Undergrad: 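Here is a structure with aminosalicylic acid.
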There are 2 protein chains.
Amino acid sequence: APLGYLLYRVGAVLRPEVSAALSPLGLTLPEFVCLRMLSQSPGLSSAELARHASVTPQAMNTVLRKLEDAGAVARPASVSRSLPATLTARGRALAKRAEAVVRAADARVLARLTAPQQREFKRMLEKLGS
Amino acid sequence: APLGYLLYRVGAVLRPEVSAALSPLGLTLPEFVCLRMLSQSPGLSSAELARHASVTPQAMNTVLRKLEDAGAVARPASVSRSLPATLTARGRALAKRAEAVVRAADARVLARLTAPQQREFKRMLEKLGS
Ligand SMILES: Nc1ccc(C(=O)O)c(O)c1
Ligand SMILES: Nc1ccc(C(=O)O)c(O)c1
């Protein structure tokens with residue numbers, strides 16, 4: 001049971017849970033990843049975004065296109081090139097509600113652990129990913 | 001810090017470590033995932049294999065093609081269609097040495113935790129992925 005296999009199994013339980021939590025907001029999981037990462041790291045390559053959402057860059061460009069058409073992401077051409085993609089007010093509010101449902105989805109998956117185990121598990125994750 | 005982000009960070013530390021451990025054996029990480037999964041679950045869709053190696057199905061078909069050309073995977077046409085892909089003796093021996101270097105790579109990543117924390121962490125992973 002390589003570590004990476006154990007990690008993959010956890011992601012395989014998490015992802016459909018997160019997707020279903022996000023559905024009533026009209027968002028796919030890739031769209032959520034784009035919103036969240038762009039909210040924290042404005043000006044991010046769609047390659048990086050795609051590696052984080054584990055989708056091809058072409059799929060991410062399609063995500064970007066949909067989020068821009070929706071008024072949640074913009075790239076206003078600088079009257080000074082074009083500005084790196086950032087969230088609008090709309091996108092920030094979207095992002096916030098989506099982060100709330102994703103947090104609840106996470107807690108639902110983490111309920112398989114006791115409260116102390118959840119804290120230790122998140123610490124261990126932080127250490128391993130540092 | 002959504003759980004999935006913490007998981008992604010851990011995979012982002014693990015993957016280059018595993019890739020470098022596998023390089024002297026002449027294997028990419030996708031090739032390793034194909035070998036290992038085919039060793040345990042003969043007859044597996046290249047879609048499933050690709051989702052586990054987080055590469056596109058086309059990339060996986062290329063992996064399959066290389067592992068077949070190498071004498072590690074076969075698909076002997078049944079004298080009885082074509083048989084589902086399985087490992088040859090060569091592929092099994094390859095798989096075994098590769099599993100050994102991947103295990104050592106894993107332990108190197110897990111050394112950031114004490115021995116008891118590593119045991120508890122693997123238990124927690126098993127529970128969350130069950
Ligand atoms: N980094 C990774 C990803 C997946 C696996 C896997 O065996 O499924 C791995 O051994 C390492
Ligand atoms: N299943 C996943 C994968 C990635 C993320 C992420 O925010 O990076 C997530 O929130 C859930």
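Protein chains get the first letters and strands the later ones, always in sequence-line order, with residue 1 at the start of each. Counting starts at 1 for both ligands and their atoms, following the listed order. Worth knowing before you read on, the calculation uses all heavy atoms, side chains too, and leaves out hydrogens, waters and symmetry mates. Header says: X-ray crystallography, 2.2 Å.
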Undergrad: In this entry, what is the main binding partner of aminosalicylic acid (ligand 2), named as in the PDB entry?
TA: Uncharacterized HTH-type transcriptional regulator Rv2887
Undergrad: What are the letters of the other chains having a heavy atom under 4.0 Å from aminosalicylic acid (ligand 2)?
TA: A, B
Undergrad: Which nucleotides or residues of neighbouring chains are within 4.0 Å of aminosalicylic acid (ligand 2) (non-hydrogen atoms)?
TA: A:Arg15, A:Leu29, A:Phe32, A:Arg36, B:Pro2, B:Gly4, B:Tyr5
Undergrad: Taking the residues UniProt annotates as binding salicylate in chain A, which ones lie under 4.0 Å from aminosalicylic acid (ligand 2), judged by heavy atoms?
TA: A:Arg36
Undergrad: Considering both backbone and side-chain atoms of A:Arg36, is one of its nitrogen or oxygen atoms within less than 3.5 Å of a nitrogen or oxygen in aminosalicylic acid (ligand 2)?
TA: yes
Undergrad: Provide, to 0.1 Å, the distance between atom 2 (C) of aminosalicylic acid (ligand 2) and the closest protein heavy atom, together with that atom's residue and name.
TA: A:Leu29 CD2, 3.7 Å
Undergrad: Could you tell me, atom by atom, which parts of aminosalicylic acid (ligand 2) come under 4.0 Å of a heavy atom of A:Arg15?
TA: 1 (N)
Undergrad: Looking at A:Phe32, which atoms of aminosalicylic acid (ligand 2) are within less than 4.0 Å of one of its heavy atoms?
TA: 7 (O), 10 (O)
Undergrad: In aminosalicylic acid (ligand 2), which numbered atoms sit nearer than 4.0 Å to a non-hydrogen atom of B:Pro2?
TA: 10 (O)
Undergrad: Residues of chain A touching aminosalicylic acid (ligand 2): which UniProt domain claims most of them?
TA: HTH marR-type
Undergrad: May I ask you to identify the nearest protein heavy atom to atom 9 (C) of aminosalicylic acid (ligand 2), giving residue, atom name and distance to one decimal place in Å?
TA: B:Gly4 CA, 3.8 Å
Undergrad: Which other ligands or ions lie under 4.0 Å from aminosalicylic acid (ligand 2)?
TA: none
Undergrad: As a test of reading the model: which N/O atoms of the protein lie under 3.5 Å from N/O atoms of aminosalicylic acid (ligand 2), and at what distance?
TA:
residue	atom	partner	partner atom	Å
aminosalicylic acid (ligand 2)	7 (O)	A:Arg36	NE	3.2
aminosalicylic acid (ligand 2)	7 (O)	A:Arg36	NH2	3.4
aminosalicylic acid (ligand 2)	8 (O)	A:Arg36	NH2	3.2

